[PDB]
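Quick look at a structure containing forskolin.
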Amino acid sequence: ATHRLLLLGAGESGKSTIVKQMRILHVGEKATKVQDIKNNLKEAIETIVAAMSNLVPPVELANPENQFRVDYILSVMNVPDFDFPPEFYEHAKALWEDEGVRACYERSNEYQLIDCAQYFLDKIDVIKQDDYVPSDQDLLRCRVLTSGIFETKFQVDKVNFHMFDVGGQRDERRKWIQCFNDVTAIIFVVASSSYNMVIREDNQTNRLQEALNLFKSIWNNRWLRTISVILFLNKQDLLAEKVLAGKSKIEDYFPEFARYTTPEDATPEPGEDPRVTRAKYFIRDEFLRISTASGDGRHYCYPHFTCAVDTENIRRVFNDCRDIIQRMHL
Amino acid sequence: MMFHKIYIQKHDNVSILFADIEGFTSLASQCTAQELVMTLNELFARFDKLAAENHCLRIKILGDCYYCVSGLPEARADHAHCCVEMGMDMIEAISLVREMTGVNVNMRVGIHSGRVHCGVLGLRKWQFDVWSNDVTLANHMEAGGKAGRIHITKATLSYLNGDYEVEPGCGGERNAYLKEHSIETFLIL
Amino acid sequence: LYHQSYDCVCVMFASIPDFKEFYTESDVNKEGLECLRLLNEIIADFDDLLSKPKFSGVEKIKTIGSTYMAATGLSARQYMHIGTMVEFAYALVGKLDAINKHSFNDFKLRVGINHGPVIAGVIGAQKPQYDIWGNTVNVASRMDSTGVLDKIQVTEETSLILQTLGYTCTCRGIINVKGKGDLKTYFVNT
Ligand SMILES: Nc1nc2c(ncn2[C@@H]2O[C@H](COP(=O)(O)OP(=O)(O)OP(O)(O)=S)[C@@H](O)[C@H]2O)c(=O)[nH]1
Ligand SMILES: Nc1ncnc2c1ncn2[C@@H]1O[C@H](CO[P@@](=O)(S)OP(=O)(O)OP(=O)(O)O)[C@@H](O)[C@H]1O
Ligand SMILES: C=C[C@@]1(C)CC(=O)[C@]2(O)[C@@]3(C)[C@@H](O)CCC(C)(C)[C@@H]3[C@H](O)[C@H](OC(C)=O)[C@@]2(C)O1
Ligand SMILES: [Cl-]
Ligand SMILES: [Mg+2]
Ligand SMILES: [Mg+2]
Ligand SMILES: [Mn+2]
């Protein structure tokens with residue numbers, strides 16, 4: 001008995017992180033990955049600093065001393081083989097503690113910044129050591145682009161699974177078709193906390209709006225009329241952090257929210273704030289509203305609140321998925 | 001099902017031969033559409049006859065492009081030799097037609113060996129065909145071939161067991177595809 | 001079997017240039033089989049178009065690789081059959097667009113239409129395959145191999161016929177065709 005699972009969703013929604021979690025839970029190369037973690041660290045710092053002068057209004061440094069470090073960073077930005085001298089980590093760490101640089105980080109939804117930013121910048125001292133050994137949470141946070149189709153095999157209770165990872169960016173979608181045939185189920189991953197951001201491909205179309213469109217385009221596809229989709233509302237942690245902060249309002253992007261109220265059948269996690277519950281469920285209903293409109297009886301949709309970089313959550317959620325595949329004899 | 005049933009199957013270890021006429025577009029400009037077809041019928045009839053003898057399965061005719069394969073549908077270890085022997089008979093047949101007719105018919109022959117997918121596509125008007133990079137290459141061997149000579153790749157030579165004497169084809173310098181893909185060509189004597 | 005000559009047949013070579021690029025051979029797509037599955041879909045939707053009553057006179061001759069070849073006038077003031085061949089081209093594009101919306105692609109069609117006298121029948125000895133021969137077919141193909149994406153390239157004589165029927169054309173200029181030489185071509189306006 002083998003299950004062919006396919007992972008879909010827009011770019012940077014956390015698909016590759018899910019497959020990684022399968023490796024950790026159900027299935028050496030670390031030294032090869034260190035080079036990648038360092039790139040993310042560099043990429044993150046040079047992006048924040050470069051956007052400070054291009055915002056409206058522009059953000060000003062809290063220390064004129066730092067202007068010199070800023071110049072350094074920009075000077076070594078587009079360098080091919082960067083050897084990462086010990087000065088680089090010092091300069092990086094200094095800027096990261098500057099208020100001007102930090103306030104610019106607050107308004108990061110206005111430009112393009114990787115998700116593992118704050119995580120890597122908070123542990124520069126740890127990464128600078130030449131005897132650095134990447135933890136498992138480090139390997140999960142590390143961001144790298146996917147170009148092509150990758151097959152991952154594994155077993156759970158003597159049961160076989162074949163996971164397929166694909167690139168979510170527009171140009172990498174033309175390859176998806178090569179998996180549509182003979183697929184047990186689809187896993188549509190969405191970035192729940194990306195309601196205030198725009199896609200990299202054009203710097204205009206709303207991230208979540210792109211997620212909704214792509215999902216509707218997948219749900220009503222001509223070659224997937226009998227293929228059930230397991231919906232992963234990923235990035236729940238960042239969503240809460242945003243909702244509670246109160247700076248970026250949801251009803252300022254999606255006006256329909258002002259009319260939405262929490263359902264009676266809602267299951268809030270213990271201690272969870274009403275506001276968080278209401279937001280996380282609002283996004284769920286937006287995706288269900290689309291799936292509910294058609295395909296009656298043929299195939300089904302199963303929502304899930306997810307946080308990919310959380311092995312604990314993933315272990316639980318994938319166990320709920322193994323159930324769906326068996327109950328419905330997929 | 002959401003995908004139309006596909007009528008295709010894979011086959012490893014097979015040989016593909018291509019044959020095309022020189023200046024065919026130019027030739028069709030001189031003689032009548034009626035006469036031209038006769039010279040083509042005279043030529044392709046003999047071709048089809050020799051194919052059955054040499055255990056080669058004819059695929060289809062794309063105007064002046066004739067192509068057949070050996071090793072289908074039933075496997076055979078004699079496959080490479082069959083296609084070589086095929087061209088041997090073809091090249092000779094072309095001479096006869098050119099002699100008994102007067103028309104200037106000359107053809108290039110191309111051969112390569114490997115795996116291919118075969119079957120039919122669509123709903124209306126089925127016609128057995130083949131597809132694969134190995135087929136694309138065989139087609140390019142014909143383009144980079146030489147008039148009245150058999151052009152073959154290194155992969156085909158390995159299935160010949162050293163029976164026919166060959167020589168450097170320099171196919172790399174005649175066709176960009178052969179060069180860009182690092183191919184070693186050879187010619188028959 | 002038996003062959004036959006004609007006077008006014010309209011040949012068309014509709015190609016999909018970008019497919020060769022899209023075709024790959026890997027361990028995931030099953031040695032390029034998955035790609036060939038999509039092509040199968042495309043040819044299918046093009047084939048079922050022949051059932052539409054407006055295309056009663058269209059005769060699919062075959063498919064070369066990923067190039068769809070068909071003709072009109074084989075069932076025969078009277079030039080409308082040429083215009084119909086154009087109408088069939090617009091239809092194929094409507095069908096290829098639908099495939100794009102569902103496969104997440106951007107495939108575009110290149111057409112080449114010409115008309116004139118041809119020969120029709122079977123040849124060889126193996127199979128009973130109907131096909132057509134003549135200079136008209138040779139030139140039609142060139143009108144496609146030297147064409148532009150999203151355009152319908154037609155020869156001069158065809159251009160006049162299409163204009164009498166109510167169509168509009170645009171000179172592409174003089175291009176040296178292989179074996180033919182300097183031919184003046186045109187593009188159809190939509
Ligand atoms: N905080 C947080 N970060 C997450 C979560 N899921 C994914 N990420 C992070 O988001 C980033 C993008 O994830 P990734 O898996 O690379 O996207 P992707 O969908 O595979 O991207 P692509 O290859 O289509 S371009 C990574 O840095 C990853 O760690 C989550 O639940 N919480
Ligand atoms: N029924 C038919 N089906 C398909 N193609 C046909 C055809 N009838 C004619 N053709 C086309 O007729 C043309 C002949 O091939 P070259 O263009 S190879 O002509 P060349 O002058 O011999 O060139 P050389 O190979 O360099 O010497 C192709 O376009 C065929 O598709
Ligand atoms: C469909 C894919 C692919 C790659 C498969 C293949 O081998 C071909 O079908 C051959 C080589 C092959 O089928 C032999 C006939 C012919 C007519 C020579 C084909 C075309 O050149 C195809 O490309 C075109 C341009 O239609 C090509 C190359 O397309
Ligand atoms: Cl997303
Ligand atoms: Mg990825
Ligand atoms: Mg030819
Ligand atoms: Mn030729």
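Here is the naming used below: chain letters follow the sequence lines, and residue numbers restart at 1 for every chain. When a ligand or atom number is given, it counts from 1 through the structure's own listing order. Below, each value reflects all heavy atoms present in this structure, side chains not excepted, and no hydrogens, waters or symmetry copies.
- Every copy of forskolin considered, the relevant parts of the structure are ligand 3.
- Counting heavy-atom pairs under 4.5 Å, the chain with the largest count for forskolin (ligand 3) is, by its name in UniProt, Adenylate cyclase type 5.
- Those other chains that come under 4.0 Å from forskolin (ligand 3), heavy atoms only, are B, C.
- According to the deposit, the name of chain C is adenylate cyclase, type II.
- For forskolin (ligand 3), the main contacting UniProt domain of chain B is Guanylate cyclase 1.
- At a heavy-atom cut-off of 4.0 Å, the residues contacting forskolin (ligand 3) are B:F18, B:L62, B:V130, B:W131, B:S132, B:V135, B:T136, B:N139, C:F19, C:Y23, C:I64, C:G65, C:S66.
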